[PDB]
Amino acid sequence: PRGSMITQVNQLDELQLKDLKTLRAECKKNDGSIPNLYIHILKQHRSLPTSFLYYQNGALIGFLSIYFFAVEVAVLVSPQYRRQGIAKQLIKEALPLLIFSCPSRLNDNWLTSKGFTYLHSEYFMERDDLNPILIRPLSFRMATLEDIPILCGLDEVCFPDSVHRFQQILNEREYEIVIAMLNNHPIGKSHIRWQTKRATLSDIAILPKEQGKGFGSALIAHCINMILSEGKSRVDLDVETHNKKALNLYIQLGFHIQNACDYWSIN
Ligand SMILES: CC(C)(COP(=O)(O)OP(=O)(O)OC[C@H]1O[C@@H](n2cnc3c(N)ncnc32)[C@H](O)[C@@H]1OP(=O)(O)O)[C@@H](O)C(=O)NCCC(=O)NCCS
Ligand SMILES: CC(C)(COP(=O)(O)OP(=O)(O)OC[C@H]1O[C@@H](n2cnc3c(N)ncnc32)[C@H](O)[C@@H]1OP(=O)(O)O)[C@@H](O)C(=O)NCCC(=O)NCCS
Ligand SMILES: O=C(N[C@H](CO)[C@H](O)c1ccc([N+](=O)[O-])cc1)C(Cl)Cl
């Protein structure tokens, strides 16, 4: 009680950042997944004091932060000190001034009972198998700037400023987009962000009318193989869903869940 301290901090200096990662690892090991913390964000000054740090005897045991992108609340309490009022004190420090990101399966029963509402879930998946995948009537090509109409059309029906977003992606050298063609019709796309040791698939879209035919799996399998041919040892994948049933697609291709969050809401 004497040794318990809450500091409201407009931006995390270096040392505060290193303590958070200690707390994150600890929560990661105990819960399996962690909330979104947005580390690169936590370093910038903002207009109101945003991150809330709970210390016990100088040791960080709780953290709550608010993000301005609606508002996203991330809350993290050391397993040793849970159910002792810590999160409750932490939101009050942010109540006079809500989308919670939540480790999948941890808090499902009691979030409903209080009147939270489930939005959707996000998954970071990883495929570490170095063996390729080993046949649909699809061809593939890399998108260019002259594919902007196609790319905007696909994004319109699969994720209801697209022109300039795709202009920005296509002009960034770490990014490429693969287009899937059914005969002479583009029916899908996948974005690749390349790094030295790995590459990340995102924004995978198949036209609604062409779904259920294996084109999605063929597209991702093509991107996996393309990544392995370049000597990467890992394919990552970010996908947002409303239902867990949707992940079997990626489980079949060798992806494993590395992190999983459910976005819940309240006011
Ligand atoms: C979710 C989390 C932040 C709660 O921290 P906490 O300090 O243990 O929660 P508090 O003690 O402040 O509040 C407890 C109350 O909120 C609910 N609550 C919190 N944890 C609960 C749990 N395991 N089971 C049921 N209700 C819970 C209850 O209403 C509880 O009532 P109580 O007063 O009788 O204890 C903590 O469990 C954690 O860090 N989990 C990993 C990250 C996470 O799930 N973030 C989502 C944030 S909502
Ligand atoms: C999500 C999406 C990309 C999937 O595309 P899709 O072409 O319908 O996916 P597929 O047809 O390849 O696979 C669907 C199911 O058939 C299975 N499948 C594919 N090939 C199979 C095969 N040879 N044998 C058995 N099952 C197969 C898959 O396992 C999958 O699940 P199931 O086992 O329960 O049946 C598509 O729905 C879409 O574009 N949605 C809008 C955007 C979106 O949701 N993006 C999320 C990724 S960022
Ligand atoms: O949440 C999203 N994206 C990122 C991953 O690209 C995710 O939220 C994230 C947040 C914080 C973080 N961190 O704290 O280092 C990592 C990933 C949206 Cl695509 Cl829903």
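Just so you know, residue 1 is the first one in the sequence shown, and it goes up from there. FYI, side chains are in, hydrogens and waters are out, and symmetry mates aren't considered; it's all heavy atoms of this structure. Indexing begins at 1, ligand by ligand and atom by atom, following the structure's order. Method reported for this entry: X-ray crystallography, 2.3 Å.
What sits at ligand 3 is the drug chloramphenicol. Of all chains here, the one making more contacts with chloramphenicol than any other appears in the PDB entry as N-acetyltransferase. Looking from atom 14 (O) of chloramphenicol to the surrounding protein, the closest heavy atom is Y38 N, 2.4 Å. For chloramphenicol, the atoms lying closer than 4.0 Å to a non-hydrogen atom of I39 are 13 (N), 14 (O), 15 (O). Closest to atom 6 (O) of chloramphenicol, if we only count protein heavy atoms, is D238 OD2, 4.5 Å. Residue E240 approaches chloramphenicol through these ligand atoms, each under 4.0 Å from one of its heavy atoms: 19 (Cl), 20 (Cl). Listed by number with element, the atoms of chloramphenicol under 4.0 angstrom from any heavy atom of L37 are 11 (C), 14 (O). Shortest contact from atom 9 (C) of chloramphenicol to any protein heavy atom: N36 OD1, 3.7 Å. Considering backbone and side-chain atoms alike, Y263 places an N or O below 3.5 Å from some N or O of chloramphenicol. Heavy atoms of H40 found under 4.0 angstrom from chloramphenicol: none, in either backbone or side chain.
Distance check for atom 16 (C) of chloramphenicol: every protein heavy atom is found at 4.0 Å or beyond.
Summary of contacts: the protein heavy atom closest to atom 3 (N) of chloramphenicol is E122 OE2, 3.5 Å. The presence of a protein heavy atom under 4.0 Å from atom 1 (O) of chloramphenicol is confirmed.
With a 4.0 Å heavy-atom cut-off, chloramphenicol is reached by no atom of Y67.
Chloramphenicol has no nitrogen or oxygen under 3.5 angstrom from a nitrogen or oxygen of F124.
Checked against a 3.5 angstrom limit, the closest N/O atoms of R24 and chloramphenicol fall outside it. Within 4.0 Å of chloramphenicol, judged by non-hydrogen atoms, the site holds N36, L37, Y38, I39, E122, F124, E240, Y263.
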